[PDB]
There are 4 protein chains.
Amino acid sequence: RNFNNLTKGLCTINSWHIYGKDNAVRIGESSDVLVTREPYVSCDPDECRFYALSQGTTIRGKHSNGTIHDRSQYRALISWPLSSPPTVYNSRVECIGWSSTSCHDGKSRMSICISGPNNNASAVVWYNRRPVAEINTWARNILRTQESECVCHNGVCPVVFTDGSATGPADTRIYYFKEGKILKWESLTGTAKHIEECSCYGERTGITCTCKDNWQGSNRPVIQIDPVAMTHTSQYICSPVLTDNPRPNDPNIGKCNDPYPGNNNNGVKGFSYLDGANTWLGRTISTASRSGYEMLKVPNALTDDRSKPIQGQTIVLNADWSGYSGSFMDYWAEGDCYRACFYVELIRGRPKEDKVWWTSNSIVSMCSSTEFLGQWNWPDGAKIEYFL
Amino acid sequence: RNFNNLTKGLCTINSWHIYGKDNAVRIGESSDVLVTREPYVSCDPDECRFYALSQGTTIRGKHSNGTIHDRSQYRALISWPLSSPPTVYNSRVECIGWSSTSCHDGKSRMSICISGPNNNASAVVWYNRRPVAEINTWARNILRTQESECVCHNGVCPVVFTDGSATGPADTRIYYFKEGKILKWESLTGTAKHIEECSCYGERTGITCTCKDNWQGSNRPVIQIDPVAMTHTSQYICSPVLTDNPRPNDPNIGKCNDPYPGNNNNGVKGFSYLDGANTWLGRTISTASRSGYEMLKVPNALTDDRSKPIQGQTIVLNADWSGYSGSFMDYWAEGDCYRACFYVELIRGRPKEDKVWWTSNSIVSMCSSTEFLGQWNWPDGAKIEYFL
Amino acid sequence: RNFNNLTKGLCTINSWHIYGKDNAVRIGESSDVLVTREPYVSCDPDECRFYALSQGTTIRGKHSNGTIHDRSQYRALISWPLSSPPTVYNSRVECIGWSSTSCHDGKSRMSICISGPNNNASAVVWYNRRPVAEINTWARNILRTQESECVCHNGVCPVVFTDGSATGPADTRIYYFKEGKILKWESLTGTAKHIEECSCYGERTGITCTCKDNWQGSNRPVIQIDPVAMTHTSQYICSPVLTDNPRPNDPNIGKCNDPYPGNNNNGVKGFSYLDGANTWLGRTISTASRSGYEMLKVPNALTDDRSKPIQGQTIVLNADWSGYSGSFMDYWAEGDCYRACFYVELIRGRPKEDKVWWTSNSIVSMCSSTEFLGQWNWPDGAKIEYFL
Amino acid sequence: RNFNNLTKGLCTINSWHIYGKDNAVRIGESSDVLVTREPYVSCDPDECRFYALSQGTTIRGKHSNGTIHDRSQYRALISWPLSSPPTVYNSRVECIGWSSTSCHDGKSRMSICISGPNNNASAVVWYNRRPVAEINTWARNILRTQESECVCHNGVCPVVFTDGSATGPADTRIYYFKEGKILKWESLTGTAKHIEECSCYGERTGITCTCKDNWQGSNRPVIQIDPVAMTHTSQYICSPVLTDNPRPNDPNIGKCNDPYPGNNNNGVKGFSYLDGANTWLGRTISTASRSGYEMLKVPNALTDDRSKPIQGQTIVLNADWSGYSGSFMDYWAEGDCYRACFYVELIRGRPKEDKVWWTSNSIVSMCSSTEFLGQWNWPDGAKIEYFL
Ligand SMILES: *[C@@H]1O[C@H](CO)[C@@H](O[C@@H]2O[C@H](CO)[C@@H](O[C@@H]3O[C@H](CO[C@H]4O[C@H](CO[C@H]5O[C@H](CO)[C@@H](O)[C@H](O)[C@@H]5O)[C@@H](O)[C@H](O[C@H]5O[C@H](CO)[C@@H](O)[C@H](O)[C@@H]5O)[C@@H]4O)[C@@H](O)[C@H](O[C@H]4O[C@H](CO)[C@@H](O)[C@H](O)[C@@H]4O[C@H]4O[C@H](CO)[C@@H](O)[C@H](O)[C@@H]4O[C@H]4O[C@H](CO)[C@@H](O)[C@H](O)[C@@H]4O)[C@@H]3O)[C@H](O)[C@H]2NC(C)=O)[C@H](O)[C@H]1NC(C)=O
Ligand SMILES: *[C@@H]1O[C@H](CO)[C@@H](O[C@@H]2O[C@H](CO)[C@@H](O[C@@H]3O[C@H](CO[C@H]4O[C@H](CO[C@H]5O[C@H](CO)[C@@H](O)[C@H](O)[C@@H]5O)[C@@H](O)[C@H](O[C@H]5O[C@H](CO)[C@@H](O)[C@H](O)[C@@H]5O)[C@@H]4O)[C@@H](O)[C@H](O[C@H]4O[C@H](CO)[C@@H](O)[C@H](O)[C@@H]4O[C@H]4O[C@H](CO)[C@@H](O)[C@H](O)[C@@H]4O[C@H]4O[C@H](CO)[C@@H](O)[C@H](O)[C@@H]4O)[C@@H]3O)[C@H](O)[C@H]2NC(C)=O)[C@H](O)[C@H]1NC(C)=O
Ligand SMILES: *[C@@H]1O[C@H](CO)[C@@H](O[C@@H]2O[C@H](CO)[C@@H](O[C@@H]3O[C@H](CO[C@H]4O[C@H](CO[C@H]5O[C@H](CO)[C@@H](O)[C@H](O)[C@@H]5O)[C@@H](O)[C@H](O[C@H]5O[C@H](CO)[C@@H](O)[C@H](O)[C@@H]5O)[C@@H]4O)[C@@H](O)[C@H](O[C@H]4O[C@H](CO)[C@@H](O)[C@H](O)[C@@H]4O[C@H]4O[C@H](CO)[C@@H](O)[C@H](O)[C@@H]4O[C@H]4O[C@H](CO)[C@@H](O)[C@H](O)[C@@H]4O)[C@@H]3O)[C@H](O)[C@H]2NC(C)=O)[C@H](O)[C@H]1NC(C)=O
Ligand SMILES: *[C@@H]1O[C@H](CO)[C@@H](O[C@@H]2O[C@H](CO)[C@@H](O[C@@H]3O[C@H](CO[C@H]4O[C@H](CO[C@H]5O[C@H](CO)[C@@H](O)[C@H](O)[C@@H]5O)[C@@H](O)[C@H](O[C@H]5O[C@H](CO)[C@@H](O)[C@H](O)[C@@H]5O)[C@@H]4O)[C@@H](O)[C@H](O[C@H]4O[C@H](CO)[C@@H](O)[C@H](O)[C@@H]4O[C@H]4O[C@H](CO)[C@@H](O)[C@H](O)[C@@H]4O[C@H]4O[C@H](CO)[C@@H](O)[C@H](O)[C@@H]4O)[C@@H]3O)[C@H](O)[C@H]2NC(C)=O)[C@H](O)[C@H]1NC(C)=O
Ligand SMILES: CO[C@@H]([C@@H]1OC(C(=O)O)=C[C@H](NC(=N)N)[C@H]1NC(C)=O)[C@H](O)CO
Ligand SMILES: CO[C@@H]([C@@H]1OC(C(=O)O)=C[C@H](NC(=N)N)[C@H]1NC(C)=O)[C@H](O)CO
Ligand SMILES: CO[C@@H]([C@@H]1OC(C(=O)O)=C[C@H](NC(=N)N)[C@H]1NC(C)=O)[C@H](O)CO
Ligand SMILES: [Ca+2]
Ligand SMILES: [Ca+2]
Ligand SMILES: [Ca+2]
Ligand SMILES: [Ca+2]
């Protein structure tokens, strides 16, 4: 086996096709399905799998009560076969904790989990299913990371972490790992003013991460990483097509180097593919809550502060609950280009559906097509009343 | 590994022996068995597996309510080990959608799933467990395909699709795939007037598909495909032994090039093995409903419009519910001939058994023997009353 | 891989040690454990597994009602990992039917299942998980076979079948298979007057089978098979230590060439290891019913009509229900001898425990030691009251 | 494959990081999780797994009633994937019995289980999943062994056994196995006065075991084994930091060659890493009961009868139930040193929580870091009230 190199460009994105869907909440009404949240997708050279943070209980289990909670000792990063639900019997534990990332470098997989109390959390870096390196909290305020896959080039796998305030300046670091060992880290540079939950993908240009500004911005910060030089830059998506949630209405001029104002101290993990005229942005349909999901083709969104959509695709109707979303690609697929993919977390239960005492989710996932495919919409599909 | 070539003839069929049976509905009364329909069987070079369209819920789950429905977002093609039931914990998702086919070419498996609304459906073609090609609806009216396995020769795997009316002329296409890529497609030619749900098998003569005419015919249309030239012909089974359901009583003269009249706008997926004096036809015993199943040896059924049975075998008693049936063979078995096999879907629940609110099925499967074996009958075996 | 040859003698048997136990009925009180009966054990070159005939329902499932029944369409030979219980999710179906045998030849496994009505049953012979040969009933009266493993030498695997009366002369045949194909069969010869459910093992001397005479005998018939010449002889165990059930009390003179009288038209599957001074016989402790199990060292039991025990070991107390028992060995273990092993079926439910409506079992298994080990007793361990 | 040699020293232990946690009792409230106790962890060259003694029933099963019991016929050593819970469907049975050890030698795994009545117990030694050797009780009083992993060097795997009184002088033996065969055994020598449940680890210095004195001592006995010479010595941890439970308060002078007095006829399995200035001891926080767990850095604890802690880490709060603890390491990890690891059994149910009728546990596990990591605490996390 050899380390994977990012040698291809993105395939032309003309629409999105269904890739995976687990119907976890439907099935979990009567099966031993683990309560999860913060899911993602990540590929090995021979298999692609679903990932999420378990809550250490099934949905029907009485311990599902209180699972709106973010950071218990009962959480772990688990993975399971593509489009199956996360069950007690099919889920593989990657590491223990309440914030994670994971990626395959072509030879083996690195997984990182953070655990601990708010003022004393630590990351453990696993490589080829063994713990290799550990990182202590540097700001003593909820050390946290991507909640979707990292990306590797020639064995080097950059990861974005943040430690510090969720509502003011924080201490963000980019770490560069190889075989689970720390090669280097650096403090965030550039014009992004707050960074959380980066969604990343790689292509010949380098590694691109679209993150969330939880503090003041409703445009998304972007970190661009060179995995060879092990350096990065940051800014915001310039486009006035705003993609955080909640968010103001779309103006006609966006902001490249500062948060677009209107909504403070909140946000949702999201993603984009920034590729000149082949640029597509994901966002919730609602500007107020985590409901609906759509993709919008916004040429040069990264650099053009006047850019608007010229094409789109609804993924989840506004009437249906969405949640976190993030990027991944099958770096080991055949062909001359990397096919852009993404997942959407479909959150069920609390806080929006409070007749149940749990919070969980299912997953839907799409990849790009060079065809102009007809669109459907993809709800979680569970009926809350059945759980009462 | 090499691509499989269709180098053998069919084994002489003198009777049928039990091959597989999953008892899924019996077991699912108290186990996490997924609700399915439209099942089939398909072999890899090292394993044969059961396939079906899941409904994204177990039978005992409250979401089983309403599963008579054909095309939800919660359906997926799943596969699972031969004669095991389709459980949450043992089922592998091949792709997402509500109409499917799948086949191994000797090197890897191609699976195709169609999803979408009626007017905007699309096929995604997967090869070696990755999405490779996509096909948009061409008639905007329920793009649909075989619901049983396709067949490959030297890497070329033909698949029959239909888009358009179920009750009038429609747009049927034969696609030719290799490694999931589209080599060619062509519009239906020949005398078949309506084509749905083709059941196919291969042998040195080429690929033979027995389909369903949903519009006017109660004889079955046949498509014969040359996978090297990538061309086909079509007609009907000439025999007056009629094999659709519902259907008129058997006359003494059949129809080779037009639908045999009497029953309109309905039908069931079925199959035959058309091999001169070694010809066997499957059909429901009832002419009115999907109940019973029998095999009948009808020499030269394809070409002889006077042909009648000379031997037969009951598979399912008329007192028991049947359903879809289709062909498959183990192309990788030892020996000098291909052993003909088939499955019968045993539908339980709605619409025929409406005291439950679900629709599901189990599977029984047979292969041919050169012996003249004694016959049994093979019911689903579940007691509906237990589910109340 | 090479075919296994029977090149070793039996290890000296000085006691028996615990080998496996699945506690299936205990666990099945609250888990998806399949109802079974007629279990056995059989080894591959890399793994040993438990085998049994499923009834196509779990114990807690409502379809467990009526499982005292021997021969439904819902039965199948399943296998599962050593000492695990037979669950819906871990059981591999080998073939469909209600009477079976199975054995590995060193390269692949042959499994045989018989299915059908009483007057029209048939065997299907599977090799390397594919159907290869079929055998129709020859006497039209419940074609039936060993219900424990067969044994192979240089690719030749003999199997004993019986078709015909259970209460008078029947038609017993010994078949010789290689790669699932029929090399030869022959009618029973020798002095055994009725043969059912042979338990077999192999060693340099050939293949030895201890069977059951269901008609008149309470001593056990023995068939000795030469797998090279493909010939056999038969007689009874000469010893007055009688080992069928039910049975008369032990006399002082046994019978070598005729049934020992007293009990007609009943019996239980059993086994022995016949090895001169290293001979050990298994039997139920009760002479009236299937309760208890003990091993007795009876020198030259096969040939000495006065032979009595000189050592023994209780396996199951008389207070606890037993059932079928049979022989197997790990032919692929290291060392200079084959270690004798056996299983005992521990039947729970009907007819003896009729407060439940089901019949099932668990398994306990022992192998021999050259040590003189202390003895325990090994009950099924389930409490019937829990199932009410 | 080659036998592993103990060529490395221990990594410097500056703190402990989370390694694994199964949340078994939480999950088992609504899933088919087996009741266990006496768990441990052990690595193969390609995977690390959790181990424990099953009770042959799930927690929700009615047979969980009475599982405080130590030695039934329904117990077995099982293993299952790291941090998954021990379920009916994912647990692999290693051998049958109620006292165990297991270890991989670099080529294959040896597992040992003891079963039998108190006066007639016996060990069966399994190697590469086959029974190889057996050892009869020598003192006829509950033959028993480590309840955590053994350690191997160049194919030789020492194991400590005890047979005889729990409350007076007993007969302890050290056995030396290779490929499951007995090379040698010897009677305990040295100054340790009573030995049970040794927790062992290996490094270039040899094999170090920290055991329990059940008779008079609240300091822990230590056995140091040379796996090449196949000889050993014994004494006690000299440190006045006492680590058994229950135990007296810590004095200022410990005892090197005799039990430290105050508590008789009780104890708990525990462990330490004895490595000069890199020495760390584990213990319950409570001196009265199995509650809490902490690690304490006690330089030269083995040899210094005045030694006190200079650093520590809380693992489980005193408010939470703990239980057995033991050592293991991944001998096949990359790097220049062996990373010390340990598990803590978190016992739930009887005798401390008697509103339920069962006794079970979950597992938490840590390994060492060269960083000074922030500490969390790791409770079982189940709510007993949910089980009522
Ligand atoms: C079968 O399936 C197919 C395939 O999926 C279906 O076809 C798809 O249909 C959907 C739905 O219509 C389309 O999505 C929309 O796309 C438009 C963009 O395309 C339009 O505009 C293009 C740009 O035009 C401008 O520039 C060009 C320069 O060339 C210039 O020519 C033009 O004059 C103008 O200046 C046009 O080029 C384009 O035309 C082309 O395509 C047509 C087909 O679509 C075709 O007929 C033409 O011939 C030509 O080829 C077309 O006119 C997106 O604008 C739109 O997204 C907006 O609207 C949705 C609601 O529908 C909303 O959710 C989005 O967020 C967005 O609107 C919000 O944001 C805007 C930007 O800030 C803002 O301006 C809006 O006011 C709005 O903002 C408000 O809401 C948001 C969200 O809550 C909030 O945040 C804000 O604050 C505020 O409150 C859709 O994405 C697909 O593109 C189309 N696909 C294809 C391949 O055709 C087909 O319908 C299905 N068939 C059936 C029968 O069902
Ligand atoms: C143990 O197991 C074994 C193995 O399974 C069992 O043996 C099997 O027994 C079954 C049941 O009998 C047989 O199936 C039937 O086969 C017959 C065909 O064979 C008969 O006819 C042959 C043809 O004869 C004609 O041509 C020859 C030319 O050679 C000429 O000689 C003759 O005069 C005549 O002109 C004969 O050759 C054949 O004889 C041979 O075999 C005999 C044994 O079967 C043997 O004894 C002889 O010596 C000789 O060797 C034999 O006579 C099928 O016709 C029949 O199928 C029809 O009937 C069933 C109901 O039973 C029905 O469901 C079928 O659909 C079909 O009838 C419908 O369709 C017809 C065609 O259109 C129509 O004409 C009918 O009116 C009817 O139509 C109505 O119903 C349908 C369905 O609902 C509806 O759609 C219509 O609209 C309409 O309403 C059976 O398949 C097996 O072949 C046989 N197997 C073997 C190897 O023997 C054995 O019984 C078991 N033992 C025990 C104790 O249980
Ligand atoms: C810790 O574990 C160890 C290891 O397991 C335990 O030790 C074991 O203890 C058990 C139980 O006692 C033993 O099993 C019994 O073995 C005897 C056979 O051994 C005895 O007889 C031998 C033969 O003696 C004859 O020939 C010799 C020639 O050398 C001659 O010297 C002698 O005079 C006589 O002529 C003796 O050699 C042997 O002595 C040796 O071993 C002794 C230890 O056992 C030792 O102390 C001596 O020093 C010497 O070394 C010994 O005396 C079996 O006969 C017996 O089986 C019968 O009884 C059981 C009930 O207990 C019954 O279930 C059996 O079916 C059988 O009895 C039935 O069948 C008979 C034959 O037809 C019949 O005659 C009986 O009347 C009876 O028939 C009735 O019941 C059956 C069944 O329902 C029914 O079908 C009939 O119709 C009828 O109704 C046991 O198998 C183990 O051998 C022994 N193992 C070892 C290694 O020691 C130890 O106890 C445990 N410790 C503790 C504290 O628990
Ligand atoms: C974020 O996470 C980090 C990392 O985990 C947290 O930092 C950790 O904090 C914990 C809790 O405080 C520390 O654990 C304790 O460690 C001390 C040992 O360190 C102290 O003592 C050292 C030795 O000093 C002596 O020798 C030196 C020689 O150099 C000499 O200088 C000195 O004068 C004295 O003579 C000091 O070196 C050390 O200082 C160093 O570290 C400091 C930080 O800790 C730092 O600030 C300094 O600058 C310097 O660098 C420090 O003073 C353990 O003693 C202690 O364990 C005892 O207490 C706990 C309860 O807390 C108890 O459970 C233990 O069993 C034990 O006490 C029992 O046993 C004793 C021995 O017999 C006995 O004397 C006690 O009376 C007591 O006995 C009673 O209870 C037991 C148990 O029930 C019973 O059996 C008996 O019978 C009896 O009833 C803790 O382990 C970590 O070391 C520390 N880690 C690090 C890297 O800093 C941080 O707090 C977190 N942040 C936040 C905000 O939460
Ligand atoms: C604390 O809230 C953070 C994250 O919030 C989100 C969410 O659904 O909004 C869930 C994450 N939950 C988990 N990863 N478990 C939180 N992140 C953490 C570390 O709690 C937020 O981005 C502000 O810093
Ligand atoms: C019919 O009874 C036969 C077998 O009886 C036994 C039993 O528990 O006694 C179960 C077998 N059940 C199964 N193998 N399924 C039967 N054997 C058969 C073929 O029914 C008997 O040996 C007489 O011929
Ligand atoms: C009998 O008690 C012994 C062991 O006690 C412990 C315990 O939780 O205290 C459980 C073990 N349970 C199991 N290993 N099953 C016992 N050990 C045995 C062999 O029962 C003790 O160390 C005195 O000899
Ligand atoms: Ca924001
Ligand atoms: Ca029709
Ligand atoms: Ca008898
Ligand atoms: Ca003690």
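Letters A, B, ... label the chains, following the sequence lines from first to last. Residue numbering in chain A adheres to the PDB entry, whereby the residues present occupy positions 83-470 in order. By the numbers in the PDB entry, the shown part of chain B spans 83-470. Chain C residue numbers are taken from the PDB entry; in order, the displayed residues are 83-470. The numbers used for chain D are those of the PDB entry, and the residues that appear cover 83-470, in sequence. If you're wondering, the header gives X-ray crystallography, 1.8 Å. Numbering of ligands and ligand atoms starts at 1, following listing order.
The name given to the drug at ligand 7 is laninamivir.
Ranked by contacts, the chain bound most extensively to laninamivir (ligand 7) is, in the PDB entry, Neuraminidase. In this entry, the other chains with a heavy atom less than 4.0 Å from laninamivir (ligand 7) are D. At a heavy-atom cut-off of 4.0 Å, the residues contacting laninamivir (ligand 7) are D/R119, D/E120, D/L135, D/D152, D/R153, D/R157, D/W180, D/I224, D/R226, D/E229, D/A248, D/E278, D/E279, D/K294, D/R372, D/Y406. With ligand atoms numbered from 1 in the order given, laninamivir (ligand 7) contributes 19 (C), 24 (O) to contacts under 4.0 Å with heavy atoms of D/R226.
Taking every non-hydrogen atom of D/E229 and a distance limit under 4.0 Å, the qualifying atoms of laninamivir (ligand 7) come out as 14 (N). Near D/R157, with a cut-off below 4.0 Å to any heavy atom, the atoms of laninamivir (ligand 7) are 15 (N). Lab note: ligands/ions < 4.0 Å from laninamivir (ligand 7) = none found. Each of the atoms 19 (C) of laninamivir (ligand 7) lies under 4.0 Å from some heavy atom of D/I224. Of all protein heavy atoms, the one lying nearest to atom 7 (C) of laninamivir (ligand 7) is D/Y406 OH, 3.1 Å.
Listed by number with element, the atoms of laninamivir (ligand 7) under 4.0 angstrom from any heavy atom of D/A248 are 23 (C), 24 (O). Checked against a 3.5 angstrom limit, the closest N/O atoms of D/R372 and laninamivir (ligand 7) fall inside it. The atoms of laninamivir (ligand 7) that sit less than 4.0 Å from any heavy atom of D/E278 are 21 (C), 22 (O), 23 (C), 24 (O).
Close approach of laninamivir (ligand 7) to D/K294 is summarised as follows: ligand atoms under 4.0 Å from at least one heavy atom of the residue are 21 (C), 22 (O). Backbone and side-chain nitrogen or oxygen atoms of D/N296 are examined, and none is located within less than 3.5 angstrom of a nitrogen or oxygen of laninamivir (ligand 7). Residue D/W180 approaches laninamivir (ligand 7) through these ligand atoms, each under 4.0 Å from one of its heavy atoms: 13 (C), 14 (N), 15 (N), 19 (C). The source field of the entry for chain D reads Influenza A virus. Per-atom contact check: atom 3 (C) of laninamivir (ligand 7) does not touch the protein, criterion being a heavy-atom distance below 4.0 Å.
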